[PDB]
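Counting begins at 1 with the first residue of the sequence. Structure method, as recorded: X-ray crystallography, 1.9 Å. All values below come from the heavy atoms of this structure, side chains included, with hydrogens, waters and symmetry mates left out. Whatever order the structure lists them in is the order used to number ligands and atoms, beginning at 1.
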Amino acid sequence: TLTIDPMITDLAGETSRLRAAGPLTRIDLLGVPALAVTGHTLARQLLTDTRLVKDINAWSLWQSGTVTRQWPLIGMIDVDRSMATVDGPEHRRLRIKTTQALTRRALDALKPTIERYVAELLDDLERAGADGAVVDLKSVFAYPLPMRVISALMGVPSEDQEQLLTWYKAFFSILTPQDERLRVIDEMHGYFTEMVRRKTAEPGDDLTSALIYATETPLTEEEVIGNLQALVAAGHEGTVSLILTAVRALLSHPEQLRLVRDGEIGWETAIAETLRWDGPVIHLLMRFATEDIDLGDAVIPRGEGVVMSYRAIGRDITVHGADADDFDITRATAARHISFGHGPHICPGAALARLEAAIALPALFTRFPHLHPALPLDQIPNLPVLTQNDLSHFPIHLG
Ligand code: HEM
Ligand SMILES: C[C@]12CC[C@H]3[C@@H](CCC4=CC(=O)CC[C@@]43C)[C@@H]1CC[C@@H]2O
């Protein structure tokens, strides 16, 4: 069994240990055992296997009361009913209105909004960078942008977004005391409950109102609340990491940065290789076997929990080759990654996340062509967030 270090002290060694022990291996998540899927081919297979569900009531550890809400990771699994917790035909019903809102056409009408948030945040970088002062790319640029974009889509007031970010920081950190974590989870549920009620009595041009007023069976209020929570949480968290890890990877590989600025390699292709090599998700919790799953050299027992170790999956040497642990935007398999998932629960906002990074990254390097880091890589740790690739900071000189 591999114990996942909640402090993320040795992410590179742990990721390689997971790859070496895979494609299926036992992990320990803060005292709770589970199975981690670390192989790319096995992941794609299980992600489309209908004997694996997200419903926590299918977990034997939850049924028996062995895992309770005292577990610091329980907020990642015991969530309100939504597209993230259901499978089968009900899943399509809880997802279809959202996917209609995230089409290639639908995002075109949203593209100018993103471009304005980007331009506003670039000005914040310039203001904080007066007199050659080092600026935190994260806190000034990468962290606020995805929250402003998902808030505009969902209809979250601008005045409320700081509070949401404050809640999410405590929610993700393993250093949050468990009584405070549970209080924040409750306060967040109460916030989105009251927002859904407010939008029910006053709909707007936003996705929350669309989820309430669709004209199949209408979503229950619980399901709208659950979808809203999953959309804001995933919608703001992942893209922050993507923007920062892409900048970090290209600044430390200047010859590849030259390729994208000169147009030899598209930004969309650099974003794909960032997702494969250093993506926003480390481990995805959690799936549960409704019956014994015979793989042929291993069995997944009924009721067992199954984690998708997407970071290890991205480093799969069988699919990507011997240099899988290297960042190379020119590799042929960069588009074959599954860092947005696979199967029916594949990220519904994958196109929006790709668009946000595809706007922000060239915007950043056009506005500040000579930007460079103010800290070396060994002084940029991950935050203690076990399941997410969350960077502490990225100080830069604007140049
Ligand atoms: C770089 C940015 C992002 C990454 C890497 C990412 C990745 C993922 C992954 C790995 C999953 C779950 C796959 C699984 O179940 O195994 C997921 C689910 C989900 N994501 Fe994303 N995501 C990103 C951005 C977004 C955005 C922008 C939105 C919304 C606009 C979003 C909304 C969701 C939702 C609602 C789910 C649950 C879908 C379901 O269970 O049917 N995410 N995402
Ligand atoms: C894990 C995640 C952030 C946490 C999200 C999760 C989707 C379901 C969910 C809804 C909540 O109420 C809290 C956070 C969670 C648990 C997201 C899937 C993509 C992103 O990485």
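The drug assigned to ligand 2 in the PDB is testosterone. Of the chains near testosterone, the one making the most contacts is recorded in the PDB entry as Cytochrome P450 monooxygenase. Per-atom contact check: atom 13 (C) of testosterone touches the protein, criterion being a heavy-atom distance below 4.0 Å.
Other ligands and ions with an atom less than 4.0 Å from testosterone, by number and name: ligand 1 (protoporphyrin IX containing FE). Source organism of chain A in the entry: Nocardia farcinica IFM 10152.
By the 4.0 Å heavy-atom criterion, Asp80 is excluded from the residues contacting testosterone. Every atom of testosterone with a heavy atom of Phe171 under 4.0 Å away is listed here by number and element: 13 (C), 14 (C).
Atom 17 (C) of testosterone has as its closest protein heavy atom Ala234 CB, 3.7 Å. Of all protein heavy atoms, the one lying nearest to atom 4 (C) of testosterone is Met76 CE, 3.9 Å. By the 3.5 Å distance cut-off applied to N or O atoms, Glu237 is not counted among the residues near testosterone.
Nearest protein neighbour of atom 11 (C) of testosterone, counting heavy atoms only, is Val79 CG1, 3.8 Å. Residue contacts with testosterone, taken as heavy atom pairs separated by less than 4.0 Å, involve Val281 solely via side-chain atoms from C-beta onward. In terms of protein heavy atoms, atom 3 (C) of testosterone is closest to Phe172 CZ, 4.0 Å.
Annotation: atom 7 (C) of testosterone to nearest protein heavy atom, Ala230 CB, 4.2 Å.
Shortest contact from atom 5 (C) of testosterone to any protein heavy atom: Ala233 CB, 4.0 Å.
The proximity of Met188 to testosterone, defined as any non-hydrogen pair under 4.0 Å, does not occur for either the backbone or the side chain. Each of the following atoms of testosterone lies closer than 4.0 Å to a heavy atom of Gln229: 12 (O). Here the protein heavy atom with the shortest distance to atom 1 (C) of testosterone is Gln388 OE1, 3.5 Å. The residues lying within 4.0 Å of testosterone, counted on heavy atoms, are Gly75, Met76, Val79, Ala84, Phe171, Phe172, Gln229, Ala230, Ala233, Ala234, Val281, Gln388.
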May I have every N or O pair linking testosterone to the protein at under 3.5 Å, one per line with atom names and distance?
from	atom 1	to	atom 2	distance (Å)
testosterone	21 (O)	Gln388	NE2	3.2

